[PDB]
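The model below depicts 426cOD holding VRC01.
In what follows, chains are A, B, ... by sequence order, proteins preceding strands, each numbered from 1. Heads up, header says this was done by X-ray crystallography, 3.4 Å.
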Amino acid sequence: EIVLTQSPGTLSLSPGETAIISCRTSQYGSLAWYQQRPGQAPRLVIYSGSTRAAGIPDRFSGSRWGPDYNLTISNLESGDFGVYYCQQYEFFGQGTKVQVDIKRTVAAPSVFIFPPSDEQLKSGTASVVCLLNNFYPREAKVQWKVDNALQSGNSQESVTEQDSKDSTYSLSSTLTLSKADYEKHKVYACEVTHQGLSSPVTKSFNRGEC
Amino acid sequence: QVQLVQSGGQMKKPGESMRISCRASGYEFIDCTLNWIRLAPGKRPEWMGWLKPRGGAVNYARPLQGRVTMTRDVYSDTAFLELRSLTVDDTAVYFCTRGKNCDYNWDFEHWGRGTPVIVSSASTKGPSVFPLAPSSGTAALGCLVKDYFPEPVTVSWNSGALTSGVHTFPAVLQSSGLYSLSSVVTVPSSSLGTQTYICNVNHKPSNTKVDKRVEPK
Amino acid sequence: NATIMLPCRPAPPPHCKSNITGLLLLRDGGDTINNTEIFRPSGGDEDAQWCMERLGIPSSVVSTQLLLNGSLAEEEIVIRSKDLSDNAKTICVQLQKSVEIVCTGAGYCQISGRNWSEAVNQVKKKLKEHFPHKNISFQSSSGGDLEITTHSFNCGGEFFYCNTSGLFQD
Ligand SMILES: *[C@@H]1O[C@H](CO)[C@@H](O[C@@H]2O[C@H](CO)[C@@H](O[C@@H]3O[C@H](CO)[C@@H](O)[C@H](O)[C@@H]3O)[C@H](O)[C@H]2NC(C)=O)[C@H](O)[C@H]1NC(C)=O
Ligand SMILES: *[C@@H]1O[C@H](CO)[C@@H](O)[C@H](O)[C@H]1NC(C)=O
Ligand SMILES: *[C@@H]1O[C@H](CO)[C@@H](O)[C@H](O)[C@H]1NC(C)=O
Ligand SMILES: *[C@@H]1O[C@H](CO)[C@@H](O)[C@H](O)[C@H]1NC(C)=O
Ligand SMILES: [Cl-]
Ligand SMILES: [Cl-]
Ligand SMILES: [Cl-]
Ligand SMILES: [Cl-]
Ligand SMILES: [Cl-]
Ligand SMILES: [Cl-]
Ligand SMILES: [Cl-]
Ligand SMILES: [Cl-]
Ligand code: NA
């Protein structure tokens with residue numbers, strides 16, 4: 001039984017700057033760090049505590065002091081961003097997510113709302129789609145309103161990655177209702193709350209308008 | 001060299017049993033312990049057990065005792081994993097891994113390609129493509145690839161000509177066990193009047209290819 | 001706590017009696033269900049002969065699970081292993097008092113449950129020292145070939161197998 005405590009879980013960094021991940025092991029043993037690029041098989045980075053693995057840039061350096069282990073990455077290349085797990089014997093740690101975040105000027109979203117197509121309604125369901133498009137930074141809040149009734153649970157956000165061209169995020173929340181529920185209420189609104197907007201922008205459409 | 005080739009991804013349903021393989025090429029098969037590790041979505045790697053091919057001694061993790069069974073075939077240098085009585089909580093990617101040195105097993109330098117196993121009570125369905133009409137600066141429109149299983153689907157616009165301002169969001173797992181996907185694009189409004197736009201969807205797991213014309217309401 | 005009958009398969013002849021000196025075990029890996037450390041009989045695996053050499057078992061004695069004709073550890077059970085906290089490295093238990101296994105020639109070999117269970121408890125006590133504050137438990141092998149699953153020894157030049165289910169089930 002090994003109790004591996006890994007921190008800090010989430011890391012948002014721009015390419016270049018240093019990224020320090022760390023674990024804390026109960027028992028004493030040889031510890032390794034693994035890299036999982038998203039969509040690939042994990043990669044052995046460090047083993048035996050700080051011994052760099054085979055074909056790993058000198059930019060990866062592990063340090064150990066007592067029960068605390070670090071993993072220090074410097075000059076974050078494009079391919080380094082992923083998730084890193086520390087291992088001691090057969091046990092791993094919670095892990096940490098190393099996300100790339102290109103810093104830039106705070107833009108704003110282009111909220112667009114799409115009612116459910118008449119074909120979808122004929123099929124029996126209805127799916128309304130709000131679209132916060134090309135904004136920065138990531139953190140944004142979409143609140144679905146229906147007849148001035150706050151909706152939590154029905155929505156389902158989904159965000160794209162850092163747009164390599166302009167370093168901006170896009171988002172599309174999909175609220176789903178049954179045709180019965182859809183045909184019951186009227187004004188369907190999507191409230192956005194990003195810091196780029198001075199105040200929440202409430203793009204909405206009244207059912208049966210154009 | 002240290003080459004570990006695994007079988008392809010399988011789709012199972014709650015209750016079924018699965019068997020996946022892993023052929024080891026590039027080293028003395030029996031001289032190294034061979035482990036099975038599974039990565040689940042958002043759960044830390046879980047070690048399932050190891051197997052020493054010289055003698056076939058298995059060591060299964062205490063949680064999985066009863067469900068898991070690890071065999072081997074020295075004639076063909078193939079290690080087999082069998083997991084019985086599956087659950088929705090077994091959706092994961094399974095790996096056979098080998099240590100750097102055969103004197104210490106827990107320095108996994110060599111990993112298999114990975115074999116994903118989806119355990120949902122939801123047979124395959126082809127998507128339904130619905131149009132996200134612009135409805136009237138710049139205007140935007142898109143497609144909604146809804147109620148499809150399993151991942152993935154490919155969305156292209158105008159057969160690949162239009163690619164500026166396109167966003168193919170990640171799919172979402174709906175409460176019904178099927179996935180939903182939105183792919184949108186931003187265009188000049190005047191062009192929207194004269195220019196025409198199509199989204200082409202290909203759901204290879206079910207041989208469902210669709211081309212939806214997105215027209216203003 | 002009576003005599004145990006072990007169904008050895010190839011009908012071991014009646015003149016095959018040996019004196020058990022030590023054991024070969026393997027600690028189950030992974031999170032410990034219900035705060036219990038499980039140990040199962042091993043064949044030695046990577047460092048099999050290493051253990052036998054440290055217990056003075058001659059080169060003529062090739063056995064699994066149960067180590068035979070070795071030298072007993074004076075004073076107390078000796079626990080050896082290239083590494084204990086590594087569940088891939090096998091464990092090497094040397095007994096302080098032997099347990100004779102006597103084969104009757106009738107398709108069984110016998111081991112006195114009174115003397116055997118006395119050793120088992122001594123071994124569990126010593127294992128409780130290295131793995132403290134966890135119930136120590138024995139169980140039969142969870143997989144492998146019949147040479148690993150059973151206590152496989154050789155007698156008169158013939159290799160035999162002995163289902164040790166009765167010995168490792170606490
Ligand atoms: C792993 O990474 C962490 C993060 O850098 C390291 O912890 C750092 O420990 C050093 C110890 O020298 C701290 O620096 C010192 O802080 C005080 C300031 O009053 C002072 O005593 C020293 O002059 C020096 O400034 C540092 O605070 C601390 N990290 C942070 C962010 O504060 C650690 O050393 C690394 N390696 C390990 C733990 O093996
Ligand atoms: C050694 O083992 C053999 C059977 O393998 C047995 O006949 C013999 O008595 C044993 N020697 C001693 C000293 O117990
Ligand atoms: C070994 O066992 C045999 C019978 O099993 C017995 O006669 C002999 O005295 C024992 N010797 C030792 C050294 O244990
Ligand atoms: C050993 O014997 C018991 C009962 O005699 C049986 O349940 C078990 O399956 C046997 N094990 C092997 C490996 O034959
Ligand atoms: Cl994008
Ligand atoms: Cl977890
Ligand atoms: Cl998956
Ligand atoms: Cl369709
Ligand atoms: Cl979506
Ligand atoms: Cl003796
Ligand atoms: Cl078996
Ligand atoms: Cl048997
Ligand atoms: Na409703």
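VRC01, all copies counted: located at chains A and B. On chain C, residues with any heavy atom closer than 4.5 Å to VRC01 are C:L26, C:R27, C:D28, C:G29, C:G30, C:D31, C:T32, C:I33, C:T36, C:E37, C:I38, C:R40, C:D45, C:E46, C:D83, C:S85, C:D86, C:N87, C:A88, C:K89, C:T90, C:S142, C:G143, C:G144, C:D145, C:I148.
The residues of antibody VRC01 that come within 4.5 Å of chain C by heavy-atom distance are A:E1, A:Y89, A:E90, A:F91, B:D31, B:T33, B:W47, B:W50, B:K52, B:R54, B:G55, B:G56, B:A57, B:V58, B:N59, B:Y60, B:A61, B:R62, B:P63, B:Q65, B:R72, B:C102, B:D103, B:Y104, B:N105, B:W106.
By its own naming, the entry calls chain B VRC01 Fab Heavy Chain.
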